[PDB]
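Letters A, B, ... label the chains, following the sequence lines from first to last. Following the PDB entry, chain A residues are numbered 192-286, in order. Note that chain B carries the PDB entry numbering, so the residues on display, from first to last, are 75-415, 430-463, 468-563, 589-691, 700-719. Shown for chain C, in order and in the PDB entry numbering: 589-666. Throughout, chain D uses the PDB entry numbering, with the displayed residues spanning 382-415, 430-463, 468-476 in order. Worth knowing before you read on, the calculation uses all heavy atoms, side chains too, and leaves out hydrogens, waters and symmetry mates. The structure shown is a partial extract from the entry, and contact counts are restricted to the extract. Counting starts at 1 for both ligands and their atoms, following the listed order.
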Amino acid sequence: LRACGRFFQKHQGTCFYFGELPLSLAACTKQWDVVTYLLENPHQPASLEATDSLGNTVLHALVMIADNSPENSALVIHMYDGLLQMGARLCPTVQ
Amino acid sequence: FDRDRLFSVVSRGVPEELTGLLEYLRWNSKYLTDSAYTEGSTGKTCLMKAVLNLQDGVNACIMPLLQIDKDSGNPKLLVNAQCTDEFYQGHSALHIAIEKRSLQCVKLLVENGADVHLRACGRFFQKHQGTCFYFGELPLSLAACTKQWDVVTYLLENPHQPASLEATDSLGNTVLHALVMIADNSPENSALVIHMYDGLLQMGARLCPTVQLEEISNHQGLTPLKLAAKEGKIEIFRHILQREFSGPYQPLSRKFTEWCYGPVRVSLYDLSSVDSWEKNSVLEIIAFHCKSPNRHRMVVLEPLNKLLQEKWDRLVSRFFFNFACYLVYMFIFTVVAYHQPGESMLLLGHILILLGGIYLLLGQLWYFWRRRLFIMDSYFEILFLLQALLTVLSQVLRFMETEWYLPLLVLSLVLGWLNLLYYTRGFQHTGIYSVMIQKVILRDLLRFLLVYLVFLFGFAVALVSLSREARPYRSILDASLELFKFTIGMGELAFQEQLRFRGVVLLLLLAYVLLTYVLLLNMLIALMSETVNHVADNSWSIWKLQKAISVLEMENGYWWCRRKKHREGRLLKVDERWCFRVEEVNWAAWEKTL
Amino acid sequence: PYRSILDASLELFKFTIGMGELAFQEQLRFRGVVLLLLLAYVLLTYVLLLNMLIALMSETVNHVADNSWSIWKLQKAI
Amino acid sequence: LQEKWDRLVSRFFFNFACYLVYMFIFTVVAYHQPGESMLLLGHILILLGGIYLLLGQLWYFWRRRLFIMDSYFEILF
Ligand SMILES: CCCCCCCCCC(=O)OC[C@H](COP(=O)([O-])OCCN)OC(=O)CCCCCCCCC
Ligand SMILES: CCCCCCCCCC(=O)OC[C@H](COP(=O)([O-])OCCN)OC(=O)CCCCCCCCC
Ligand SMILES: CCCN(CCC)S(=O)(=O)c1ccc(C(=O)O)cc1
Ligand SMILES: NCCOB(c1ccccc1)c1ccccc1
């Protein structure tokens, strides 16, 4: 599901950009237990190659929400590596 | 049994020696409240001595002392007796008990009939610049300024005589007002005052639910929220604006969170006594009635930051229309000044600057009449008045055909162009840049001028007197002018052979040079010392204060047309209040919450 | 003196370069007032120089010398 | 020291006022140096005033002879 309202779009104002997918939302918020289950559940697994209205994937969304603060950047990097490493299991043929 | 023996035994705390006191009082038909047993210096009674002389927390002499007075048939009460000195008027034994931090004595006095509403209104307790201790004037207010929870609850809910949070002192200050005044901006002090503020306010919902403690106004007409704005105490001022509670004490909140979604929070802020629609509001107090240096930091808080921003956006068109009308008026002024001796347009131009001068004159007179109660923030308001007065005077002089009309017209043109800095505050580009001129730049320029001009006169008189004998400087005005040319880098320092004392005159001119250089370096050093100890963030807050003052003036409209004030926010049930929705996004705080 | 804006602008600018001719010109009827305007221009201009000097001064204290090496590398990178 | 200053603050300004009067006479006489009677009276006052400051400062330095920039104005006076 793609939440593409003006509140979720990135702009100068009252907004919360996290990408537009539940997988991207579960990645911007430091929620490991949610993000793995969404990716490897047997009912309907999410795909890291999914893109929002701007074409941003999960890795692109993490970059945009990443500040230069060293508390924020540590979690974004750790989330970045974990999603990238787990992507080698679910979709090895996709870079 | 005289005063000296009685004062000694109560100090030593030996009830066994107090046996003969009752017999002596009955024999002489006297009471403990009589002037014979009170120190004439202040009016201290025998009970007051006992409370300040404590052992193990309870003075065993107090109880026998109190029951003796009851047996003595005193028409007054020793417990309710107060001092009579000018400095310590109204001081009582109950005040001493709370000060000594001894709940047991406070329990003892009220059980025997202590009046909890005794008002210590002496000069020592009144707030003034000097040796004083302002805590309000009631024992309840004293028990609140001192962090004594156990005392303050018992005084409020005791079955003998319960105190009331709605009680007021000589200035009309309640318990909440007293906490505000004694509240410093230190973050150890402000934490206890806020915690005391919430606790008394919450407990007030139990003892007096029908009474709104936050809306009680003192003799100055200020609520506890308005008093914090006037006193410039931002730390407690911020908490009241953003006060939020949950559970049974939810109605006591002023900030109601509507919905929170990640870093984005939506909160309904109460605008009661805050919106500028009502007279003597918090916004008006900060801009005009407040005089603390913190008033620029209080206009950037929420909801004031968004409340003033929305007012500015509505009135930004009025600000530029006012700016455009001033540019047109000054464009006419400049053209008429230049083309002063085709005559019909000059006459029309003279009329417009005459009508314009009256318009600014009446506008500024109306402003100062409204500002007469509290008057550097009005720096341009004075200049806009002077430009109007000189323009009116110049046009009046032109009617009388006196030649001095032209100098006044030209001085008005100079002042009018300089008044254009007032409209730099309407743009973020120019507003922030022009902040650091009135605060430091303009003040220290005056310091150098006054000192330098005095000794410019001293050297000018010296040069003229010394140069009067021949082997230049014919008067003070001339000698002042030549001496001033050294400052502008055009001073003619030459060995003038026409003077008999040619050598000495050069020495005076040289001595003036380095002595003046001392003044420039001192001024440069003075300018230099505040730049290092300066915060760039203050420039943004000071500019917002300048816009805050501006929007409040335009809300009143023009002097010739008073516009109806529009109330901000909307009436929303939260118990319905005129709340103001504020949308706030904070990634840093949200991530720390995760 | 001061026959036009271009002339009057030039004489007023000479004060900034330290060559301003501040004299009591007897040829003018309002000789006293003209001097007051010239004097008022001097301190008012000095306010502008000091404000600019203060503005220049405030970023030097809050400056990092390491940025100069990185900015130069960006210039070479471009 | 604050209570001593409050008691002697009137003496400080009286000393200041006497110096302003003395310098006002000094400035007038210096300017109007070559009606002659007032100039002669003005010359006498600055002569008597000069001796007064001379004797006052000599007495000060005699008492300060044991321990001598804090006396910067004492030298100038
Ligand atoms: C568009 C053509 C205008 C031609 C010139 C007319 C005279 C204008 C006089 C003038 O300079 O007014 C300035 C004023 C705004 O100043 P302020 O209140 O911001 O001053 C700030 C001080 N700190 O401006 C106003 O208040 C608005 C103008 C009102 C015009 C109608 C007047 C009707 C009178 C009966
Ligand atoms: C009111 C009219 C005065 C007319 C001028 C009279 C001469 C005054 C001379 C003068 O300048 O005295 C200054 C002196 C104070 O200096 P100081 O001790 O603070 O110097 C500070 C140095 N650091 O002042 C005093 O000591 C007080 C004046 C004494 C007047 C009576 C004199 C009687 C003599 C017999
Ligand atoms: C109009 C906003 C609707 N929502 C926000 C999403 C942008 S919401 O998801 O319905 C929501 C969220 C949180 C709370 C709450 O914290 O009380 C209530 C409602
Ligand atoms: N070209 C427009 C420049 O605007 B100014 C400006 C622009 C951005 C930030 C700060 C200021 C400006 C110019 C002169 C004096 C004061 C401010």
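- The name given to the drug at ligand 3 is probenecid.
- Other chains, heavy atom under 4.0 Å from probenecid (ligand 3): A, B.
- Heavy-atom contacts of probenecid (ligand 3) within 4.0 Å involve A:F198, B:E332, B:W333, B:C334, B:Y335.
- Listed by UniProt number from the N terminus, the transmembrane segments of chain B have no non-hydrogen atoms under 4.0 Å from probenecid (ligand 3).
- Source organism (PDB) for chain B: Rattus norvegicus.
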